[PDB]
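Opening remarks: the structure here includes zopolrestat.
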Amino acid sequence: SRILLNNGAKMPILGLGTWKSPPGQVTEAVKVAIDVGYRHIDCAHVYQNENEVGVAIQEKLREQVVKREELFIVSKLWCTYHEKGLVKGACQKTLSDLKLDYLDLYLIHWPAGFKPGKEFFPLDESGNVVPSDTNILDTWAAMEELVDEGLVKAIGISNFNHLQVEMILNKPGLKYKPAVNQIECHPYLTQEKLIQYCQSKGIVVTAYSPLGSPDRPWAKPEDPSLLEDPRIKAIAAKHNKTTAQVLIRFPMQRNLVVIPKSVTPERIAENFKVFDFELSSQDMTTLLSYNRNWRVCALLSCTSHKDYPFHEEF
Ligand SMILES: NC(=O)c1ccc[n+]([C@@H]2O[C@H](COP(=O)([O-])OP(=O)(O)OC[C@H]3O[C@@H](n4cnc5c(N)ncnc54)[C@H](OP(=O)(O)O)[C@@H]3O)[C@@H](O)[C@H]2O)c1
Ligand SMILES: O=C(O)Cc1nn(Cc2nc3cc(C(F)(F)F)ccc3s2)c(=O)c2ccccc12
């Protein structure tokens, strides 16, 4: 149920996603998740609900349902806080909202820095994102400091391409290697080269949007839909499992961590019932065959940012 990281800690391979979970619904979602066995929650300041996740964790610690050490809480540094002088503050805001005294894992959410300010997506008058003059290595150095101060137990990255990961690995005077790279991954974006790269470097990969993020705010009717894919439905029926369970089990069998999101109590429970079956070799082969290099998360207004990750092949 857990994978070993480079800091010696164990990370649950199944966690609960919280992007697009509205504040109060998310408090109940986390309480239910904890009750049915989730021990990893994936959070972010930019999801605007960390206080409400915090409420849930606090209450279940209080109810004596779980201990803090049994939980694996992840959050992420948003793009507008990449300046070295803003990182600790950003982390401490997350810690305050989550009502925690440490995070198990803290990620650089995206490799690009954005102009500091109240707005999470600062745009100019023609709709281009406004970058900041920050770079990956300086931001990484600031993340390292959080480990040395005890605010976070591990640090890692998200939406980094292999060249961007290499920049960190090859930093002279590197203090901590990235523990995790959290990237989009599902049957329509199978990430074979980046996953190979990362695993060969002892970096654990977490798959986000494993169900294809049907609630993403920029979905178009014509877009491919994983949960509705009749080929995957047929694989699921064969196992007497739902399509969602097949989609969650798939990355587990590639030695990935996976973080499906739900605020629907029955689905929260359903998505955790994935340790009692196995996809076969043919199933695995078939699911990888559906790759189309189709991305849920890739914001158009950021495509000219110096650090845009997805111009590179991988
Ligand atoms: N690091 C990054 O840049 C990044 C980017 C995107 C996502 N992520 C993380 O990854 C998580 C997962 O990605 P995601 O939120 O994009 O989408 P996802 O987990 O692929 O899909 C969530 C959508 O699927 C629905 N759903 C969940 N379980 C279902 C089931 N059993 N049957 C049918 N529908 C189901 C949910 O509906 P209800 O909630 O209404 O039940 C919601 O609409 C996020 O929440 C976030 O924590 C990280
Ligand atoms: O962020 C999430 O967890 C999900 C996520 N994804 N996207 C697509 C993005 N594409 C990006 C590209 C860059 C870039 F690095 F390329 F500049 C930087 C930042 C982004 S946000 C969003 O637009 C978004 C908006 C609010 C909350 C979460 C998200």
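Following the PDB entry, chain A shows residues 2-315, kept in their order. When a ligand or atom number is given, it counts from 1 through the structure's own listing order. These numbers come from the heavy atoms of this one structure, side chains and all, not from hydrogens, waters or symmetry mates.
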Can you help me spot every copy of zopolrestat here? ligand 2
Main partner chain, zopolrestat, name from UniProt: Aldo-keto reductase family 1 member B1
State the binding site of zopolrestat (non-hydrogen atoms, cut-off 4.0 Å). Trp20, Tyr48, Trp79, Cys80, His110, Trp111, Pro112, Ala113, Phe115, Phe122, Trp219, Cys298, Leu300, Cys303, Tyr309, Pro310
For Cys298, the zopolrestat atoms whose distance to one of its heavy atoms is below 4.0 Å: 4 (C), 6 (N)
For atom 13 (C) of zopolrestat, closest protein heavy-atom neighbour: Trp111 CE3, 3.4 Å
Do any N/O atoms on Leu300 end up under 3.5 angstrom from N/O atoms on zopolrestat? yes
Give me the nearest non-hydrogen protein atom to atom 5 (C) of zopolrestat as residue plus atom name, then the distance to 0.1 Å. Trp20 CZ2, 3.7 Å
Test of proximity, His110 against zopolrestat: N or O pairs below 3.5 Å: yes
Can you find an N or O of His306 that's nearer than 3.5 Å to an N or O of zopolrestat? no
Tell me which other ligands or ions sit closer than 4.0 Å to zopolrestat. ligand 1 (NADP nicotinamide-adenine-dinucleotide phosphate)
Give the residue and atom name of whichever protein heavy atom lies nearest to atom 26 (C) of zopolrestat, and the separation in Å to one decimal. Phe122 CE1, 3.8 Å
Per UniProt, some residues of chain A bind substrate; which of these have a heavy atom under 4.0 Å from zopolrestat? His110
State which UniProt-annotated active-site residue of chain A is closest to zopolrestat and how far away it is by heavy atoms, to 1 Å. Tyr48, 3 Å
Protein heavy atom at shortest distance from atom 8 (C) of zopolrestat: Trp219 CH2, 3.7 Å
Please tabulate, line by line, the atom pairs linking an N/O of zopolrestat to a protein N/O at a distance below 3.5 Å, with the distance in Å to 0.1, or answer 'none'.
residue	atom	partner	partner atom	Å
zopolrestat	1 (O)	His110	NE2	3.1
zopolrestat	1 (O)	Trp111	NE1	2.9
zopolrestat	3 (O)	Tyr48	OH	2.7
zopolrestat	3 (O)	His110	NE2	2.7
zopolrestat	10 (N)	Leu300	N	3.2

